[PDB]
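The structure under discussion appears below in the form of structure tokens.
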Number of protein chains: 4
Amino acid sequence: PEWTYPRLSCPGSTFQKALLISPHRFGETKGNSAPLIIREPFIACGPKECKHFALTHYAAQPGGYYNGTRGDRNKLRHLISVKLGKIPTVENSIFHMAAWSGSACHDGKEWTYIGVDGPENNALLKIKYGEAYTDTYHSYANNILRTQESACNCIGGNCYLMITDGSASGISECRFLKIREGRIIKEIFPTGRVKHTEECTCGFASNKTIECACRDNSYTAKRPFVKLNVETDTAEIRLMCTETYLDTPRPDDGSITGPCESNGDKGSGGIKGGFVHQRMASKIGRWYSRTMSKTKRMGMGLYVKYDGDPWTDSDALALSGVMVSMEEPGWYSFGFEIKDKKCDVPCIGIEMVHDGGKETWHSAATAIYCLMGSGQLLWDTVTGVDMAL
Amino acid sequence: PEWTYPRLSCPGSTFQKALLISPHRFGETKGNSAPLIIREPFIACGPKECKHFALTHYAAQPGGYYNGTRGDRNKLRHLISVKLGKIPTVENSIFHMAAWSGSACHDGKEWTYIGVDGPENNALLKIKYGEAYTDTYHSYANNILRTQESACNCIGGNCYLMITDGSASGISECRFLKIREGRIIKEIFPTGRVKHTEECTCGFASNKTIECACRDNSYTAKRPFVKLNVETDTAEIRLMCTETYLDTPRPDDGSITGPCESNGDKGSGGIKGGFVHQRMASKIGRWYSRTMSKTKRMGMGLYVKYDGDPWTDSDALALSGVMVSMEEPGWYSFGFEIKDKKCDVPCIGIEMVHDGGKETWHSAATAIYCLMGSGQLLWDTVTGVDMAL
Amino acid sequence: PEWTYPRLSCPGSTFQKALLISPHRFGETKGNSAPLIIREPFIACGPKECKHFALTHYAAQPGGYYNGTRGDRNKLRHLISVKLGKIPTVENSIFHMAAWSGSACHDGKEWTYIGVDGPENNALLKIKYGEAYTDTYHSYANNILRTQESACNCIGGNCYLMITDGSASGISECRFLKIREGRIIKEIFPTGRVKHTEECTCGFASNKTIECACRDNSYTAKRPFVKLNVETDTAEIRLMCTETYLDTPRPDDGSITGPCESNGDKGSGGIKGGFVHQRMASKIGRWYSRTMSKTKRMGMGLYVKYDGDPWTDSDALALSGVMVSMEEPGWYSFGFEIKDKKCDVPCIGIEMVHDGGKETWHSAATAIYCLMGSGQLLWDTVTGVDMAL
Amino acid sequence: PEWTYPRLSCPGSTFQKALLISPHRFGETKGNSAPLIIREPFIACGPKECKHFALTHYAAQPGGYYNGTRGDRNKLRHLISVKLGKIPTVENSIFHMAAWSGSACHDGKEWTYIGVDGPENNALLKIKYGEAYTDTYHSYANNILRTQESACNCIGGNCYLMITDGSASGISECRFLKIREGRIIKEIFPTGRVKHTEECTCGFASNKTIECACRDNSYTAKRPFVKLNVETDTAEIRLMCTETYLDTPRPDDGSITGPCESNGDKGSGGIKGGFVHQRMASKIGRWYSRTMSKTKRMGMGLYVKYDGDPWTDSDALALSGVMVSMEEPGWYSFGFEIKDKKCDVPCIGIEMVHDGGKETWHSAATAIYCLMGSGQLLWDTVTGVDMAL
Ligand SMILES: CCC(CC)[C@H](NC(C)=O)[C@@H]1[C@H](O)[C@@H](C(=O)O)C[C@H]1NC(=N)N
Ligand SMILES: CCC(CC)[C@H](NC(C)=O)[C@@H]1[C@H](O)[C@@H](C(=O)O)C[C@H]1NC(=N)N
Ligand SMILES: CCC(CC)[C@H](NC(C)=O)[C@@H]1[C@H](O)[C@@H](C(=O)O)C[C@H]1NC(=N)N
Ligand SMILES: CCC(CC)[C@H](NC(C)=O)[C@@H]1[C@H](O)[C@@H](C(=O)O)C[C@H]1NC(=N)N
Ligand SMILES: *[C@@H]1O[C@H](CO)[C@@H](O)[C@H](O)[C@H]1NC(C)=O
Ligand SMILES: *[C@@H]1O[C@H](CO)[C@@H](O)[C@H](O)[C@H]1NC(C)=O
Ligand SMILES: *[C@@H]1O[C@H](CO)[C@@H](O)[C@H](O)[C@H]1NC(C)=O
Ligand SMILES: *[C@@H]1O[C@H](CO)[C@@H](O)[C@H](O)[C@H]1NC(C)=O
Ligand SMILES: [Ca+2]
Ligand SMILES: [Ca+2]
Ligand SMILES: [Ca+2]
Ligand SMILES: [Ca+2]
Ligand SMILES: [Y+3]
């Protein structure tokens with residue numbers, strides 16, 4: 001086998017509903033299954049297989065370890081996976097490493113797995129290549145060293161990963177690691193609007209550029225937007241200019257006054273956002289998702305824009321379809337690409353969290369939408385799960 | 001590996017009982033298993049593996065999602081599979097795509113998976129090649145776009161698939177899609193008796209011709225019969241002329257007066273029917289199955305006729321044996337072929353539904369009969385399942 | 001790959017305890033497993049894998065299908081397997097075909113599976129090669145056509161199988177089938193003491209000869225003994241002359257007066273018996289097993305004799321060790337050979353039935369003994385199962 | 001494939017927390033899983049896979065066979081394994097052989113499995129290569145013949161294994177077996193301090209030498225230390241001279257007066273200890289672990305020393321980090337190495353026993369620490385398990 005590279009996307013002009021992974025449809029008291037309790041799911045694909053990753057709390061439904069499953073970080077949390085299409089139960093899953101923050105990617109020869117754990121003030125990112133633990137990176141701002149909760153991206157054997165460190169309420173200046181065969185060979189320090197960047201959802205816009213739509217959890221409801229040049233290994237960050245603000249919470253569309261760079265209102269709090277590239281011969285599409293509600297983690301709409309510069313274009317994003325109605329939960333969302341025989345298929349996945357508060361279990365389903373055929377997006381996704389059962 | 005083609009059937013002159021997949025033998029309250037709730041099962045084989053497909057309601061027995069499992073279409077419904085011989089439980093199965101109507105087939109190099117979902121008045125057929133979503137086809141009569149519920153058929157890398165759209169009570173004019181490596185490369189519009197055609201059970205009569213025995217759900221208890229020329233890509237449809245009417249409901253054998261084309265009575269309602277080819281050097285056998293009861297979905301008898309033209313032959317089909325007694329359920333039935341080292345083995349499968357009404361669960365066992373050796377068919381199949389447990 | 005042949009056995013002069021498969025250690029009300037209800041287990045090995053087969057009643061423990069699990073034949077009974085070392089549960093097992101009498105063997109390229117079902121007066125043997133059903137054999141005495149309940153034996157791609165038909169109380173004259181790539185290419189009619197032969201436990205004494213230790217269920221507690229010449233395809237049967245009578249029930253050792261051919265007393269009833277070959281350069285060992293009790297299916301001792309002719313040798317078999325104490329159940333026993341890199345390892349397996357009558361479940365564990373190292377046999381086997389749980 | 005040899009360790013200067021296998025997180029009454037009840041876990045890796053071994057009592061939680069799970073040897077005990085990362089449940093595991101003492105190792109081509117069973121006064125070590133049972137070794141002091149409870153060590157196809165036999169309270173003079181493709185080709189009798197040696201944790205210090213840190217269960221809290229020359233096949237044993245005594249129980253560090261060879265106090269009782277090598281170009285690191293408590297099986301600290309001779313160096317071992325706090329259980333510990341593409345990764349594993357006395361179940365989790373990156377060891381491990389559930 002050989003190193004992989006991004007290719008032209010497969011033909012298409014609309015996303016459709018592809019596949020639901022709702023493990024908790026089998027978690028009843030009256031049933032006989034063991035779906036794992038998770039959050040922060042995401043998908044990453046190699047040349048033959050797509051794997052479905054998540055961060056488990058090392059407990060199952062039904063069970064007696066529900067207390068603490070709404071928490072973010074503890075000493076039991078682990079990165080797990082199954083082959084996409086399999087239900088992530090106790091027996092089906094594989095446990096990769098301890099982690100309360102994760103990522104993964106295939107370089108064409110082998111899987112790289114990324115997981116952060118350790119204490120608040122001095123967390124530690126850990127890298128695993130196939131079966132071997134190979135390297136680490138240390139906390140540099142001593143406040144919850146952190147990573148993407150989605151697929152890293154490899155080209156020509158060089159995989160690029162976003163990390164961040166700092167206060168969830170204040171400054172969190174992100175970096176990028178460049179990783180080869182499980183080992184870190186360069187640190188990349190972005191320039192520009194670097195005040196606060198988290199949980200970048202990243203992909204290839206071409207053989208030369210990686211772009212990421214990220215989260216600012218303090219200052220703005222506009223998404224920070226990264227452009228990484230992989231030939232010179234330099235990165236730059238500015239806010240997205242569109243009036244279709246992609247974060248949650250957010251104010252009404254277009255109501256932030258000033259030029260592209262203004263923050264301005266309802267900027268504290270946030271959500272991880274979906275983002276994927278459609279690469280055509282002489283054109284590029286950018287697909288994004290955002291909650292249906294402006295304040296709450298409910299619903300998910302798909303949006304799209306062809307060409308232009310997301311840093312300077314104030315034009316509204318075209319609303320493509322409703323993937324999750326307002327009456328269903330829409331939490332984190334992410335992008336990934338499936339590898340067809342001669343082309344790549346852009347997809348958006350959506351974490352659909354079963355939230356009933358800290359007094360019962362806390363987990364999530366995963367809905368998948370991909371570019372397929374022509375026309376308009378046709379159907380939405382429900383989890384089907386009743387949390388009383 | 002290479003493209004596959006239909007070959008000469010293996011030696012034999014009778015079918016026998018081969019294998020039972022009864023997953024609900026393990027769904028007791030007192031047991032510890034998780035068989036999936038399903039309907040519309042079917043089998044499709046490649047050069048090394050046979051896969052057992054079905055449409056699940058994304059629920060398991062025992063469990064608490066029984067409400068709605070008698071319904072036909074919803075947002076949870078999925079195409080799933082196991083390796084034939086494995087019990088399709090939560091953990092054993094793989095989820096391919098969302099769908100409330102399906103099909104699948106191997107072309108010699110890779111699996112093609114077909115699934116239709118979306119709303120009543122604008123459903124959408126979706127195609128997946130290996131792991132990649134690759135193409136779609138749109139509803140053309142805006143009333144439940146629909147497919148075979150059985151194996152498509154691939155020759156020289158070209159796979160052929162029946163679809164239909166229209167009123168289940170009126171006109172539903174079917175088409176055929178020609179699919180290559182996951183993408184549609186021709187639409188085929190049949191000529192002749194096209195008034196109403198559904199759920200074609202299709203196979204190769206030779207390297208030149210695919211034939212299908214289908215369902216008219218409005219007009220007649222004679223099965224519509226398709227002949228598709230795969231060299232010119234043309235298709236023709238006329239009613240089966242035999243006095244052994246294969247649908248359910250149906251009137252007494254031979255009691256429809258007039259020539260081969262007459263409808264005539266008890267034509268509204270219907271069932272998907274089994275049909276498979278036995279290809280010999282200078283002879284062709286056509287095997288078919290039909291319920292034992294004329295009105296009800298009870299029992300299944302196997303029938304056979306050698307040579308002739310099913311469009312013009314009014315001769316009765318030879319009753320070969322009882323596969324399911326009048327006291328066991330006989331719902332959908334289908335054909336498929338297993339690939340031995342140098343020849344193909346024709347088989348008929350039978351969906352045996354556990355029906356207790358809308359107030360409890362609704363699923364199915366699957367019984368398999370295949371051509372093996374000489375003599376007469378010897379034993380019937382029971383599910384063994386008591387629905388109270 | 002290539003056709004396999006028997007080779008010289010690996011070095012050793014004693015059997016030891018190898019491995020226990022006790023699936024019912026996990027069938028408590030208070031546990032969360034699904035071991036399959038079975039009887040008639042046996043083991044067969046190819047060049048890379050050993051499979052553990054059994055005849056299931058298509059029910060599990062705990063469950064609500066216990067009624068009928070003491071019965072011998074019904075419509076739900078199936079040949080199943082797992083890779084030796086795995087617990088045969090609902091999910092772990094694979095269902096090969098319907099059968100209430102079975103056998104299997106690998107020819108070096110592929111697995112042949114054998115299963116009989118059908119009605120009492122007209123049962124039917126069925127053959128499957130890999131995934132394909134390929135041939136049948138018909139009942140010839142119209143009274144429970146029947147097979148080995150252990151491994152067939154393949155040489156140079158030709159596999160040899162014992163069958164029988166007739167009254168369990170009267171005449172049952174056995175035959176042998178010669179099978180090649182799933183198809184029957186010769187019937188072999190044995191000569192000599194053919195009055196009554198069942199459930200032969202067969203193996204290679206060399207590239208030229210297969211020998212089998214069988215069961216006479218009517219006339220005698222001496223085991224019938226088959227010598228099949230595989231070059232000329234001829235078979236002969238005489239009673240075993242040893243005073244160490246291998247059947248159950250049996251009279252005291254040596255107490256049957258007359259020459260080698262006398263029946264004489266306590267001959268009605270019987271059991272399947274273990275038997276395997278140890279092939280050395282200029283010597284041959286014959287290993288056998290028999291219950292510890294003379295009347296009852298309790299215990300199992302291992303016995304051995306080097307060279308001679310089992311038809312004419314009245315010398316006592318040397319008692320090698322106790323594999324199952326008198327306080328543990330000892331039902332069917334069988335032989336098989338494991339394939340090490342350059343030599344074959346003889347083994348004896350023992351069905352260890354959990355019998356509590358017709359009012360509760362009925363299944364079995366499987367204990368395995370193999371030739372390994374030097375000295376004497378050291379330890380016995382218990383199932384560990386309490387049937388009340 | 002080819003024979004494997006030890007290589008240079010991967011780059012790094014500190015261990016970190018890698019992975020937790022806590023199967024009993026899923027053993028609640030309220031849950032639906034079946035983790036196996038085990039003790040004496042260990043890990044061993046080949047060129048593509050790491051397998052997680054243990055000795056089971058052939059019982060699961062929840063279940064009704066808890067009585068006897070605190071015992072050390074019985075007739076049900078078995079060597080089992082899963083792929084490292086999988087939860088060892090009933091279905092996931094594979095049963096290798098009957099054993100109440102074990103070991104295993106890969107030689108580059110195939111897996112060797114070692115298991116001891118049999119009675120107290122005449123136990124028997126059994127060897128299995130891939131699927132075949134191949135050899136045995138007999139008890140030589142007639143008191144619980146015994147082995148490592150950790151990975152054996154293979155070079156150029158020759159695998160080396162420690163065994164012992166004798167009184168747990170008196171003399172137990174260990175030997176080493178040299179094993180090739182499943183068969184013993186040399187016995188090696190160590191010279192020097194041979195009074196009492198058990199459960200050696202062994203690894204390669206180079207292509208020439210194997211070193212083992214072992215357990216004296218009678219005489220001393222200093223660990224006996226073995227040096228095996230694999231070119232001459234000779235072995236020597238002397239006590240570790242360090243003032244950082246690695247056994248439990250043990251007296252205060254440094255308080256055993258006299259030269260390197262003195263016993264002296266609190267020597268009766270003991271524990272199996274972690275030990276692994278870090279092989280660099282011109283330097284060697286020795287990593288070790290020991291309980292946090294001096295008297296009890298609580299906690300586990302990691303210690304390190306570079307170069308010197310452990311037989312004569314009285315210098316204190318450098319304390320590297322706390323792997324398990326004093327409030328968590330710290331039982332057996334062991335070394336292994338994962339194979340990266342071009343270098344080997346040293347790791348320590350820790351058995352973390354759920355002990356609630358003889359009146360309830362007795363089993364263990366497994367925590368894994370590996371050499372990765374630079375800095376200091378950052379986080380500890382908890383099992384998460386409440387034994388009341
Ligand atoms: C405090 C920093 C947060 C990111 C802005 C926080 N991430 C971590 C690593 O703790 C996320 C946030 O608190 C939760 C959310 O917003 O859903 C998930 C949570 N993410 C994870 N538990 N992996
Ligand atoms: C309304 C059109 C019907 C076919 C004639 C209908 N098909 C769909 C796609 O809904 C079938 C029919 O109503 C049910 C049956 O007859 O068993 C099954 C049902 N089939 C499926 N649920 N796939
Ligand atoms: C009546 C003929 C018997 C052989 C002598 C009988 N075999 C069959 C196929 O029914 C066996 C016998 O009755 C039972 C036993 O002896 O344990 C098992 C039983 N064997 C199986 N159920 N496969
Ligand atoms: C009597 C000899 C002991 C070794 C010093 C004893 N070993 C055996 C093989 O029984 C160990 C010891 O008693 C128990 C322990 O210390 O944890 C485990 C126990 N080890 C195992 N059950 N494998
Ligand atoms: C990127 O590079 C490789 C050649 O190195 C090429 O085959 C591929 O088509 C390129 N990708 C795109 C999107 O053009
Ligand atoms: C169909 O075509 C191929 C050659 O292209 C041939 O090998 C095969 O035998 C043909 N099928 C039949 C049924 O004759
Ligand atoms: C049987 O035949 C093959 C050669 O055809 C040979 O390799 C093998 O050693 C022979 N078996 C015995 C037991 O001698
Ligand atoms: C040991 O031997 C092989 C060559 O036989 C070599 O490739 C390897 O590097 C050696 N190991 C060490 C630790 O130097
Ligand atoms: Ca924000
Ligand atoms: Ca009709
Ligand atoms: Ca008898
Ligand atoms: Ca000690
Ligand atoms: Y399972």
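Convention: sequence-line order gives letters A, B, ...; per-chain numbering from 1. Method reported for this entry: X-ray crystallography, 2.5 Å. Every heavy atom of this structure was used, including side-chain atoms; hydrogens, water molecules and symmetry mates were not. Atoms within each ligand, like the ligands themselves, are counted from 1 in listed order.
- The largest share of close contacts with ligand 3 comes from the chain named in the PDB entry as Neuraminidase.
- By its PDB name, the drug at ligand 3 is peramivir.
- Other chains near peramivir (ligand 3) (heavy atoms under 4.0 Å), by letter: C.
- At least one heavy atom of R39(C) sits closer than 4.0 Å to an atom of peramivir (ligand 3).
- Contact annotation for atom 3 (C) of peramivir (ligand 3): protein absent (non-hydrogen atoms, distance under 4.0 Å).
- Polar contact with peramivir (ligand 3): present for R73(C) (N/O pair, distance under 3.5 Å).
- Shown in contact with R146(C) at under 4.0 Å from a heavy atom are these atoms of peramivir (ligand 3), numbered in order with element: 2 (C), 9 (C).
- Which parts of peramivir (ligand 3) touch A168(C) is read off a 4.0 Å heavy-atom cut-off, strictly below it: atoms 1 (C).
- Peramivir (ligand 3) has a nitrogen or oxygen under 3.5 angstrom from a nitrogen or oxygen of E149(C).
- Close contacts between peramivir (ligand 3) and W100(C) involve ligand atoms 21 (C), 22 (N), 23 (N) [criterion: under 4.0 Å to a heavy atom].
- Distances below 4.0 Å separate heavy atoms of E198(C) from the following atoms of peramivir (ligand 3): 4 (C), 5 (C).
- Contact annotation for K272(C) and peramivir (ligand 3): no heavy atom of the residue comes within less than 4.0 Å of the ligand.
- Taking distance alone, with nitrogen or oxygen atoms compared against 3.5 Å, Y332(C) approaches peramivir (ligand 3) more closely than that limit.
- Taking every non-hydrogen atom of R77(C) and a distance limit under 4.0 Å, the qualifying atoms of peramivir (ligand 3) come out as 22 (N).
- Contacts with peramivir (ligand 3) closer than 4.0 Å are made by no heavy atom of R70(C), backbone or side chain.
- Scanning the protein heavy atoms around atom 19 (C) of peramivir (ligand 3), the nearest turns out to be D72(C) OD1, 3.3 Å.
- Using a 4.0 Å heavy-atom cutoff, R297(C) is listed among the residues neighbouring peramivir (ligand 3).
- With a 4.0 Å heavy-atom cut-off, peramivir (ligand 3) is reached by no atom of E120(C).
- At 4.0 Å, heavy atom to atom, the residues around peramivir (ligand 3) are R39(C), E40(C), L55(C), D72(C), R73(C), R77(C), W100(C), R146(C), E149(C), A168(C), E198(C), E199(C), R215(C), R297(C), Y332(C).
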